[PDB]
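Section: structure with (S)-(-)-nicotine.
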Amino acid sequence: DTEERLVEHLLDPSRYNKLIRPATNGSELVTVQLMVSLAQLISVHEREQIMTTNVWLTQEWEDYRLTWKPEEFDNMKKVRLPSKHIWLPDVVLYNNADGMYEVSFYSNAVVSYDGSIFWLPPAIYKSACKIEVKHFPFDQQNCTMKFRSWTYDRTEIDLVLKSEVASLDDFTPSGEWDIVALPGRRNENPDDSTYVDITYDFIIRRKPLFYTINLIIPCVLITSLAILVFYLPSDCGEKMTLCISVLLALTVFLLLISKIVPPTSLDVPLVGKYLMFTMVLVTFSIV
Amino acid sequence: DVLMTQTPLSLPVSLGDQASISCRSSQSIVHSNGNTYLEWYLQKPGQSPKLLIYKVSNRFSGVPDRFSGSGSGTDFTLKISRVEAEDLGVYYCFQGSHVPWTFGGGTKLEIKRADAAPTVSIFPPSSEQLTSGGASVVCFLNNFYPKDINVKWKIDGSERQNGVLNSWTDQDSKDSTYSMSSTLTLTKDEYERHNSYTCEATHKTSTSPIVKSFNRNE
Amino acid sequence: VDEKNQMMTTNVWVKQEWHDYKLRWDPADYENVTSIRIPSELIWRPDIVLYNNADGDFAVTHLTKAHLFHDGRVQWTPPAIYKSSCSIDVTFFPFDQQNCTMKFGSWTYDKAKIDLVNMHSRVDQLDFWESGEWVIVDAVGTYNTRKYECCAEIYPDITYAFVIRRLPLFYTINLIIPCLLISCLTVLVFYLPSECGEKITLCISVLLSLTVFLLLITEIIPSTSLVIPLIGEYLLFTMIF
Amino acid sequence: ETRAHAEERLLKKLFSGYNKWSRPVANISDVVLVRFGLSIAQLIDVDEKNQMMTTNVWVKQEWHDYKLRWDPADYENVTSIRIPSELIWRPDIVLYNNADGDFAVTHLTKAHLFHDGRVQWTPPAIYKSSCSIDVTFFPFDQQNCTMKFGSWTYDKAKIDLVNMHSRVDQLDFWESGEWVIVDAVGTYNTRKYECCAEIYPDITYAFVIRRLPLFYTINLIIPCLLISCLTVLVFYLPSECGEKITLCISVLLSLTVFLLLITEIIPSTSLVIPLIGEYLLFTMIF
Amino acid sequence: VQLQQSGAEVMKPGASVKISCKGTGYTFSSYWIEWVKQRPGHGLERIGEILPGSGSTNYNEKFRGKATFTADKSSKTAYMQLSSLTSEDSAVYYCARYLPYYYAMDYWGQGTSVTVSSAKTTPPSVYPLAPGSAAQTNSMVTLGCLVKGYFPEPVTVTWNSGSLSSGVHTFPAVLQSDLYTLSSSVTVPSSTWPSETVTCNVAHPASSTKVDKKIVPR
Ligand SMILES: *[C@@H]1O[C@H](CO)[C@@H](O[C@@H]2O[C@H](CO)[C@@H](O[C@@H]3O[C@H](CO)[C@@H](O)[C@H](O)[C@@H]3O)[C@H](O)[C@H]2NC(C)=O)[C@H](O)[C@H]1NC(C)=O
Ligand SMILES: *[C@@H]1O[C@H](CO)[C@@H](O)[C@H](O)[C@H]1NC(C)=O
Ligand SMILES: *[C@@H]1O[C@H](CO)[C@@H](O)[C@H](O)[C@H]1NC(C)=O
Ligand SMILES: CN1CCC[C@H]1c1cccnc1
Ligand SMILES: CN1CCC[C@H]1c1cccnc1
Ligand code: NA
């Protein structure tokens, strides 16, 4: 019964407003503490350079006008409130593709009596990270993701990390991909003096057995025949069929491994370079 | 696995002297990003290892400036400006390039000063051990430097090597010397058949081996 | 059930029933009316979210209507489309069983406020549509409690485990029988005499044929390095030989 | 005495009798100045077969009116407050070269406000332009793709566009990896359409870019240029061995499959032909 | 931050030993925990690291099949099941936090001593070390207090309440057949020994043994 009166007292548009942000004592900064938690890395499309992950981001901030006298309202400590109505500092990706920027669910927020608010919505994020494809597949991928308020600079809000490492208490084994470390760092730009943001760096390692058994064994299996075609006796007249078939198979594997690799012209996959070199060798063989 | 080779093994240097220690890798340990991830560890006797250098081109937050680190892509060198009483211990290398990770071999580091005269003393068994039925001859060699010293046991002029227990401690702090104990355990029945028992010590600071002998029947 | 991406797309009718004190009235005073139907946007709604989503909805955004009885009971039946991400275990392909879990639960309420009770021990199947390829062997519901890093209280959850089987006839009539049939030639070439001169043709043709079949089967099964598909092992075995 | 309480009174006062659809100008004859600028977050993709360039663009629009002015020394020294762009007038800047994309700024970001009446607005957007892909020297190619921004329902008498920066800013550019921007030029122009009598302004942004050639010269042209060195090789083979037709048919089917493969990556443009396609047809004839 | 480990552990050869690692003051399940093995002789060799969140484990190629880590998310505790243990792995085990490619190894554990030997319980011992019969009386003389046959470590062999603390020598433990044998020595002026009462005391907390025995000349 008293909860309804308490909520109507707090969320009255005549008294509380949404479009303005709280502050005291001559435009003091309202510190916002955000930390991330990786639920499970659900997919990494390397061809499109898109890492789709599940994220729980927790945000804490102090707010003064939402307080109340705890003794009056039957000694209530914390109250749930909808996210749409109370003010919330925007915290959104920048390098995000697919257009989608903000969070998905807009969950309820817990408000204490002192004024501290603690809010965490779920989210699915589609980060865009460059694919360092050099040691395929024995590679380490370095995907960066940025958090920064697209609406506020470092004149009203300031972002500070709570924990130096992303939490993994809710992590589940992804299968193909394996995490190594999850460092987060608060960047600073002295030239602009307003650009402030948080970068989390996911360093990921691919488990090698799948692609190994699938591609590497047939590759070396069929390329071990390039140096073998010569041992065939020439009177039989069968060098041509074997050698042309080997060259055709090498071209097919080259096209396939080029279609699976992300089309980045900055570096060369080592397997592709090896195959091109042995293809030149086998055409010198056929001539 | 990328093995690590530290040079030297033991480098005694006096208080205030500059000491440089090299640490080489069997392979190249430079990461493709362009940063070499190597750690220097300091272990003191009876305590957990401490940190002094991480990311060699950088310095740890909490260690004084007297330490420095440098090197090329493969050869690495840790340098100390002035050795203090606190810097005693063992250094260790740590590479962070390839999986799995590995440590070094361990570089011993203590202080150095002049030589000293070794104090040798032999102790025959007591009456309580004779009541028990054993014979423990203990030969102490204390306050000597350096560690180049040999202890030999003679029974009636014959060399004896079975039952010899040789123990030594680290360099003490207040006198900067070494110690070494040689224990010889035998039965009481063998103690009544031999005549002369001798502990001899050969050290650099003595042209003649220090002899300490004792007879059973006098 | 997209196993290449490890996503199960299901169509789910959710049934949520409860009761509160404010919405009670007297039927005998209003010409004997008992149940009225109202849009769910106007009344309170508990937040039921699934944790195991991947590129889909987190909620019941359709916002169906809801019934109301005279004593305060309220019943709410929204339909939705859920996209779970379950670990596909493919070892005995295609004779495979899949075990996929969906985790439902409250979000902003502890066990001290909202407590979930499973209405049915088993998932109802009265209006099930037989897809043809997958048949549901069983669907079990479990009530559990956990304790997360955020908070001090414990949070309840309901885990629904679907254990299902794949109908094997299609892949055993179009995928494994061709390769098992053309794998019987790797020993045949030795009986072919060398004077005629076509054994290398047969050998290289068989080798490229198994290569094509392997690079085909590498598309239908997921790219998961935890275990190996048995058919893949057999194909690599025959390619080595 | 708190800052929020004063900003609330300010926001209540100025939005009391303010209209959205009224073009805010002192007199009818007076004009406005919309300073316009672009920034590229990243270059997503250039699908040449469909003739579509997908870009992620920050649009910077600055202007000012007379109704949203006040005095800062009266409201506890407040100068810049932020308000949702749905409540204030929003000039409609549309691109004419759309192809299955967004014509507008549907994200509806927030907008700043200064004390003198200046207003700044920065909505992110995803644009999909359609530019004439000129593929002749494949892959050593330069692409010249244009976008045509401009007002829609206002003439030059009411709105006059002024390019803020002579060049497109690239301080936050994300390297796609395959495409690097050589240069980007923005040109102010005026046209006259069949509808009306007045002339309408616009700004044409032309991107001249190059394709990084290493990825295709290591997987596409080198295998075909290698296997084409066999068409003259077959004649030197003696006739009695009996496998020259095998080599010939192998080369022909291989290069034909190659050629039919290359038609999936270049557009189906009939104005010009790729040099690689001409070379492959030449080799097939011979 | 703070780390805790298990106490001292002893067991017959061939069985299994499980040690615990407790961590507090940080996000326990967010980055790697690696353990360091230190043989009492020399060198530092690793045993492996694990990520308490996922089931990602790795091992050094030398210690495969010897240890198996295990992690718990509810209770911030890491365990290690041990395979068939032999007399060559009796060493000290550590635990430490590590995060690859970035800031790493800023804190440690305190150490866990595990000893594996065929023994049950042996009290420490008394056998004084008296000087030789034929010896030249000098200005100073060395003393001796010997202890044989005790298990396990540690023991405290001191003089009379620290009265004679300058010039003491405590050696490391060395086996003879199956147990430990140590000695304590100190140099005292010869003008005081025939007058002052001196007695070496032995204290063993693990067996609650407080025994002294006066040394008298011959
Ligand atoms: C994954 O990619 C990220 C982003 O490129 C890498 O972060 C970068 O790391 C380097 C080396 O640590 C940083 O350079 C350093 O910058 C500081 C100050 O600018 C300077 O004191 C150092 O001497 C050094 O130059 C660089 O700032 C940083 N990039 C950022 C924060 O944007 C990260 O290293 C990559 N992961 C791995 C394992 O390499
Ligand atoms: C399916 O997985 C769940 C959760 O792991 C488990 O409880 C259940 O036993 C499994 N079902 C079968 C048939 O293995
Ligand atoms: C790109 O096209 C525009 C418009 O056709 C043209 O004006 C410009 O010259 C072209 N760019 C270059 C570098 O030729
Ligand atoms: C209990 N929920 C499950 C995960 C997050 C946690 C939570 C805590 C406080 C407010 N909302 C959600
Ligand atoms: C000037 N606009 C450009 C194309 C259509 C024309 C127009 C004319 C009148 C009203 N709206 C748009
Ligand atoms: Na053929």
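Every chain is numbered from 1 and lettered A, B, ... according to where its sequence line falls, protein lines coming before strand lines. Partial entry shown, contacts counted within. When a ligand or atom number is given, it counts from 1 through the structure's own listing order. Worth knowing before you read on, the calculation uses all heavy atoms, side chains too, and leaves out hydrogens, waters and symmetry mates.
Including duplicates, the parts belonging to (S)-(-)-nicotine are ligands 4 and 5.
The main partner of (S)-(-)-nicotine (ligand 4) in this structure, judged by heavy-atom pairs under 4.5 Å and named as in UniProt, is Neuronal acetylcholine receptor subunit alpha-4. Other chains whose heavy atoms approach (S)-(-)-nicotine (ligand 4) within less than 4.0 Å: A, C.
The name recorded in the entry for chain A is Neuronal acetylcholine receptor subunit beta-2.
The PDB header gives the source organism of chain C as Homo sapiens.
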